[PDB]
K.L.:
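Pasting in a structure now, in structure tokens, and then I'll have a few things to ask.
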Number of protein chains: 2
Amino acid sequence: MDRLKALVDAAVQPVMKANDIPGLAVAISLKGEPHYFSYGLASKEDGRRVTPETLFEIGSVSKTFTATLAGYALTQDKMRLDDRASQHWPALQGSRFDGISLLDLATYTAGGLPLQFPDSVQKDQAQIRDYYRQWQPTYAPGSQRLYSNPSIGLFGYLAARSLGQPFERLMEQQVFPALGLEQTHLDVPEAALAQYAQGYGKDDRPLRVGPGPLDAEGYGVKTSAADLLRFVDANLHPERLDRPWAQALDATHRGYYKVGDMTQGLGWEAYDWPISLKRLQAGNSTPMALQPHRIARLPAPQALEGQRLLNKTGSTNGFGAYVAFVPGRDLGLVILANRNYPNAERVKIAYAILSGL
Amino acid sequence: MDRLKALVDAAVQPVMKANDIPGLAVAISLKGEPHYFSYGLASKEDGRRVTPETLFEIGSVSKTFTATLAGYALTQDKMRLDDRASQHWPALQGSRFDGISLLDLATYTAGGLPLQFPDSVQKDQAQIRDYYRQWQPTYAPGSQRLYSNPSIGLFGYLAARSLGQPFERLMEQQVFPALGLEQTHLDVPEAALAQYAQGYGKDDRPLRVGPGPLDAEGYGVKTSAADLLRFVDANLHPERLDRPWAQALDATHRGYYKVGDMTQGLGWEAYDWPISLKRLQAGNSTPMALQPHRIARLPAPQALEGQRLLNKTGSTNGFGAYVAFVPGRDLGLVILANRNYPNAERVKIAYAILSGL
Ligand SMILES: *C(=O)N1C[C@H](NOS(=O)(=O)O)CC[C@H]1C(=O)NOCCN
Ligand SMILES: *C(=O)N1C[C@H](NOS(=O)(=O)O)CC[C@H]1C(=O)NOCCN
Ligand code: NI
Ligand code: NI
């Protein structure tokens, strides 16, 4: 494995140095076997080292887990993607969500739901409900992609409602276990807190993510490199799971439209593979997150398999994560850092590694 | 026996409906007498009905047969569980299998051998050998249980080598006949193909298991409900076979360590009986098959008899099998289906039946 070791060292170390990244865990799945590389410090104050068991905040990578729950709800015939959103929450009946579908919410095409909830919306059922009740669209549903936590957040919350339980309960009791995961959480238990890395912000201050409205659905997962690769491996081989959970994962591997080179799935975003580093970086750039883009809608849902790269970026104030896999090559990659360093740099590491596998 | 009929019907029918199972064969050994219940279709195409003679793929239940061959090798003083793996295959000498025991391989504690051979390893001796020669442990031997086909596959293969014959020949010529079995096969003969059920996959496609490296050892057995109950009955009363085969069966009823509620034997996995449905389901859950678990090693091997439930689950892309017995209550159960439906559902059927006996 010294060959893989040399490749990963060469990819990681220059970027860790250039971005002053205290700690970074890599997990690679190659030819059906895991490989771990654990760099630096989980905490600068007490000098705890990064291991494959260190817990990191993965931020928006959480959307892939949220998509998995929604996938399950489909397999159980509890909801359908063409359902009107308000079908699954009576409180929204009569609002604009009578005419917005679950698919629109999942794929950020509801009509201009913002990146975040207004700063005034606290983590509170009534305030979240009221926000959606009063929300006035900027566009007609299904025409403009605008990356949005309130959009996919609602999708996840409605999936939970369709299954008749809180989102958090379903994730902790059903989803994580069904995926073969045991070190993956929405709220890190007391027993595992010693594994929780410290995050380091823009100003080098220690930071951990605080609560917010629909945080669990949008950006709330904490996990290790080892457990996140287990998730990637389930995505590569959904047959490691029970039938309905295999089907749930399959549902997150279906593309609905294109923006530039990117095909939008549930949570996952896909690309042809190979693709240039420059194009992959463009798909993961700040304008992709912050600008609205017209969508090019596929005539039918497209299976995101074969020679394709499926990926997701995620950040919190103190953390930067990236996950990617190539279904047709059985390659899987996880890079978790305890600094929020640029998306382009994460893609740089991933590309250098994947290019050499 | 309409009373047993009422119990079995009530346990089976709802689960068949819920999981869209085309065909399911139940065989129960109660107080030393067999009872068969045969539901639905062995093939949806030609409407052939399930009978106690229908052949199903039992997947990982095959491991109990593999363990029995190893049990025989032990009785014939051809190998010992403490033996270094490479003692029984000179080709592995100089590899990590110089420091891994037969017991490690049998009980999935070699140090991180994966669930499956990499898809790139073909059913070929050289490729299988090279895989093992190049393999590097994630963990120290004897410390972590990670369920693995290459692991127990090697155990069975090495047992065969110790006896001086191919694994397939030993199973067909010696093991199956010794157990009184005539409808149990690694490869179904032409004469019996009309009995071989069609399997039905995740997507409802007609599926039968295809060849793979060490498939015979890990998951390759096809058998009927009647023949598999005959095997269960041999397990309940080993003294019913020739002395060496009685001893071979006894060897598979010895526990070496615990993980949660489960005591690990050779092939067989054991629990106290009675135990809650919830706990029995956890023992047969996805995290059990996919997560590494630190083992709690027993001071000496524990005889798996009296008030205990010994069981094994098994699946292929198109089939789902479950077998269980309670030595101290002389109870035996076989449930074979031609759909790979969730482990928890199989346990639900079995628990409902066993609790009513
Ligand atoms: C997800 O991690 N997001 C969404 C967005 N950036 O998109 S990404 O480049 O695809 O990750 C803004 C940052 C981030 C969060 O919202 N993270 O949650 C912590 C602050 N709300
Ligand atoms: C055995 O049937 N296995 C082992 C594993 N699941 O464990 S079990 O729940 O104890 O059965 C994965 C699936 C399955 C197979 O490997 N089946 O053979 C076909 C794929 N190699
Ligand atoms: Ni594959
Ligand atoms: Ni008895």
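A, B, C, ... go to the sequence lines in the order they are written. The numbering of chain A matches the PDB entry: 31-387, in order. The numbers used for chain B are those of the PDB entry, and the residues that appear cover 31-387, in sequence. Note that ligands are numbered from 1 as they come in the structure, with each ligand's atoms numbered from 1 the same way. Excluded from the calculations below are hydrogen atoms, water molecules and symmetry mates; all remaining heavy atoms, backbone and side chain alike, are included. Per the header: X-ray crystallography, 1.7 Å.
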K.L.:
What drug shows up at ligand 1?
P.N.:
nacubactam (bound form)
K.L.:
State what nacubactam (bound form, ligand 1) is bound to in this structure, picking the chain with most contacts and naming it per UniProt.
P.N.:
Beta-lactamase
K.L.:
Taking 4.0 Å as the heavy-atom contact limit, which other chains touch nacubactam (bound form, ligand 1)?
P.N.:
A
K.L.:
In the deposited model, where does any covalent bond from nacubactam (bound form, ligand 1) land (residue and atom)?
P.N.:
A:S90 OG
K.L.:
What part of A:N314 sits under 4.0 Å from nacubactam (bound form, ligand 1) if we count only heavy atoms: the side chain, the backbone, both or neither?
P.N.:
neither
K.L.:
Could you tell me which atoms of nacubactam (bound form, ligand 1), counted from 1 in the order shown, lie closer than 4.0 angstrom to a heavy atom of A:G344?
P.N.:
2 (O), 11 (O)
K.L.:
Would you indicate which of A:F349, A:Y352, A:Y249 comes nearest to atom 19 (C) of nacubactam (bound form, ligand 1) when only heavy atoms are counted?
P.N.:
A:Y249
K.L.:
Let me know which other ligands or ions come in under 4.0 Å from nacubactam (bound form, ligand 1), please.
P.N.:
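By number and name, none.
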K.L.:
Give a yes/no verdict on whether any heavy atom in A:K342 is under 4.0 Å from an atom of nacubactam (bound form, ligand 1).
P.N.:
yes
K.L.:
Could you tell me whether some N/O pair between A:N373 and nacubactam (bound form, ligand 1) is separated by less than 3.5 angstrom?
P.N.:
yes
K.L.:
Could you check which residue UniProt calls active site in chain A sits nearest to nacubactam (bound form, ligand 1), and how many Å separate the closest heavy atoms?
P.N.:
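Heavy-atom nearest UniProt active-site residue: A:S90, 1 Å.
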K.L.:
Record the part of A:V91 in heavy-atom contact with nacubactam (bound form, ligand 1) below 4.0 Å; permitted values are side chain, backbone, both and neither.
P.N.:
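No part of A:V91 is near nacubactam (bound form, ligand 1) at this cut-off.
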K.L.:
Counting heavy atoms only, name the option from A:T343, A:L320, A:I182, A:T346 that's nearest to atom 11 (O) of nacubactam (bound form, ligand 1).
P.N.:
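Residue with the shortest heavy-atom distance to the ligand atom: A:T343.
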K.L.:
Help me out: which residues of chain A, per UniProt beta-lactam-binding annotation, have heavy atoms under 4.0 Å from nacubactam (bound form, ligand 1)?
P.N.:
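Within heavy-atom range of nacubactam (bound form, ligand 1), the UniProt set gives A:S90, A:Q146, A:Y177, A:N179.
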K.L.:
Identify the protein heavy atom lying closest to atom 7 (O) of nacubactam (bound form, ligand 1), giving its residue, its atom name and the separation to 0.1 Å.
P.N.:
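Protein heavy atom at minimum distance: A:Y177 CE2, 3.7 Å.
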K.L.:
For atom 13 (C) of nacubactam (bound form, ligand 1), tell me which residue out of A:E87, A:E299, A:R376, A:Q146 has the closest non-hydrogen atom.
P.N.:
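The nearest heavy atom belongs to A:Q146.
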K.L.:
Considering A:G89, A:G250, A:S345, A:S90 one by one, which has a heavy atom nearer to atom 17 (N) of nacubactam (bound form, ligand 1) than any of the others?
P.N.:
A:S345
K.L.:
Mark the output for A:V239 as yes if a heavy-atom distance to nacubactam (bound form, ligand 1) is under 4.0 Å, and as no if none is.
P.N.:
no
K.L.:
List every atom of nacubactam (bound form, ligand 1) that sits less than 4.0 Å from any heavy atom of A:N179, numbering the atoms from 1 in the order shown and giving each element.
P.N.:
16 (O)
K.L.:
Give, by chain and number, every residue with a heavy atom within 4.0 Å of nacubactam (bound form, ligand 1).
P.N.:
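Heavy atoms within 4.0 Å: A:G89, A:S90, A:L145, A:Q146, A:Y177, A:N179, A:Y249, A:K342, A:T343, A:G344, A:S345, A:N373.
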